[PDB]
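Entry with PRT062607: notes follow.
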Amino acid sequence: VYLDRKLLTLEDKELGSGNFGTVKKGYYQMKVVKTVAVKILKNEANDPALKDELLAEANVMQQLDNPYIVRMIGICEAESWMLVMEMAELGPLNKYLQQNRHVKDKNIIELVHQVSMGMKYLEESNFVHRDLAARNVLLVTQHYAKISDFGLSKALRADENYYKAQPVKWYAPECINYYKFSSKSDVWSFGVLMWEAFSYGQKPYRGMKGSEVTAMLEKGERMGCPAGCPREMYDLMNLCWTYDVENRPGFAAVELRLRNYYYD
Ligand SMILES: NC(=O)c1cnc(N[C@@H]2CCCC[C@@H]2N)nc1Nc1cccc(-n2nccn2)c1
């Protein structure tokens with residue numbers, strides 16, 4: 001659970017930042033060092049929401065064990081609170097495609113299929129991600145994607161099929177209208193993730209407010225087919241963007257459709 005700060009090296013130059021604080025690269029001496037990515041809570045982890053958001057992520061990651069989900073090494077309590085994870089060496093999918101416009105359609109299918117296998121496992125484990133987007137898919141290699149950023153993720157109780165709540169562009173209508181998050185709402189987000197990936201990390205619904213996205217979706221309109229996107233992958237996006245939750249496919253159906261297409 002708890003790691004020795006003296007066994008952790010952090011590089012000065014951040015990989016990036018969020019509201020939570022910074023992401024730093026380093027290594028942890030567990031033998032052989034392990035390259036790590038570290039979320040460091042800003043301001044000595046003063047904010048109890050941040051600490052819960054780290055713990056939440058930490059607690060979710062701890063419970064999850066799957067090749068397409070980022071693994072946690074532990075928590076280090078030093079200059080700040082640090083969530084220490086296995087390093088996804090090539091970084092977030094949206095950034096990598098933005099800077100590598102040459103990646104082939106076939107390579108993108110392989111990666112989004114890997115995401116669908118991680119999500120299928122999440123759905124089987126009755127977890128809802130609630131932040132599934134290209135920025136929260138991390139590349140280990142050019143051909144190995146993992147899902148990360150479980151800060152908003154919820155372990156569903158056995159007596160429930162959705163989380164009722166107290167990134168709208170990635171949210172299904174029932175999330176916006178009824179505050180209901182299910183594996184089916186994650187399928188909708190996976191639709192937007194696919195559009196992002198075939199759009200080489202472009203933002204969805206460019207220049208639109210959330211309320212305008214809601215209005216467009218209510219009129220039955222959908223984002224157009226990305227340049228070079230195979231028709232079968234745009235068909236699957238549109239299937240993920242099924243308005244009616246009951247008729248939207250789950251990740252079992254999504255993973256099977258991506259598997260069959262990819263391996264043929
Ligand atoms: N390797 C991990 O285990 C890891 C887990 N989670 C995250 N989460 C971050 C939060 C901030 C947005 C981006 C992402 N969703 N990043 C990770 N690594 C990583 C590796 C290279 C670059 C970056 N990077 N580039 C810009 C910012 N961060 C991150």
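Along the sequence shown, residues carry numbers from 1. Values below: all heavy atoms of this structure, side chains included; hydrogens, waters and symmetry mates excluded. Whatever order the structure lists ligands and atoms in, that order sets their numbers, starting from 1. Per the header: X-ray crystallography, 1.8 Å.
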- Components assigned to PRT062607: ligand 1
- Query: Which molecule here shares more close contacts with PRT062607 (ligand 1) than any other chain, as the PDB entry names it?
  - Reply: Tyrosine-protein kinase SYK
- Item | Close-contact set for PRT062607 (ligand 1) against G91 heavy atoms, below 4.0 Å | 20 (C), 21 (C), 22 (C)
- Item | Heavy-atom nearest UniProt active-site residue: chain A, PRT062607 (ligand 1) | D131, 8 Å
- Are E86 and PRT062607 (ligand 1) in contact, using a heavy-atom cut-off of under 4.0 Å? yes
- Query: Taking only heavy atoms of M85, which atoms of PRT062607 (ligand 1) are found under 4.0 Å from at least one of them?
  - Reply: 3 (O), 5 (C)
- Task: Pick out, from the UniProt ATP-binding residues of chain A, those with a heavy atom under 4.0 Å from PRT062607 (ligand 1).
- Result: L15, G16, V23, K39
- Message: With respect to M87, determine whether any N or O atom, backbone or side chain, lies less than 3.5 Å from an N or O atom of PRT062607 (ligand 1).
- Response: no
- Query: Closest non-hydrogen protein atom to atom 1 (N) of PRT062607 (ligand 1), residue and atom name please, with distance?
  - Reply: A88 N, 2.9 Å
- Task: Within a distance under 4.0 Å of any heavy atom of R135, pick out the atoms of PRT062607 (ligand 1) and give their elements.
- Result: 13 (C), 14 (C), 15 (N)
- What protein heavy atom sits nearest atom 26 (C) of PRT062607 (ligand 1), and how far off is it? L15 O, 3.3 Å
- Item | Polar atom proximity, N136 to PRT062607 (ligand 1) (N or O, under 3.5 Å) | yes
- Option with minimal heavy-atom separation from atom 5 (C) of PRT062607 (ligand 1), where the choices are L138, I147, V70: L138
- Select the closest option to atom 22 (C) of PRT062607 (ligand 1) among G18, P92, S17, judged by heavy-atom distance. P92
- Message: Please report whether PRT062607 (ligand 1) has a polar contact with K39, defined as an N or O pair separated by less than 3.5 Å (distance criterion only).
- Response: no
- Message: Using a 4.0 Å cutoff against the non-hydrogen atoms of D149, which atoms of PRT062607 (ligand 1) qualify?
- Response: 6 (N), 7 (C), 8 (N), 9 (C), 10 (C), 14 (C), 15 (N)
- UniProt domain count leader: chain A with PRT062607 (ligand 1): Protein kinase
- Give, by chain and number, every residue with a heavy atom within 4.0 Å of PRT062607 (ligand 1). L15, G16, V23, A37, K39, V70, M85, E86, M87, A88, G91, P92, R135, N136, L138, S148, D149
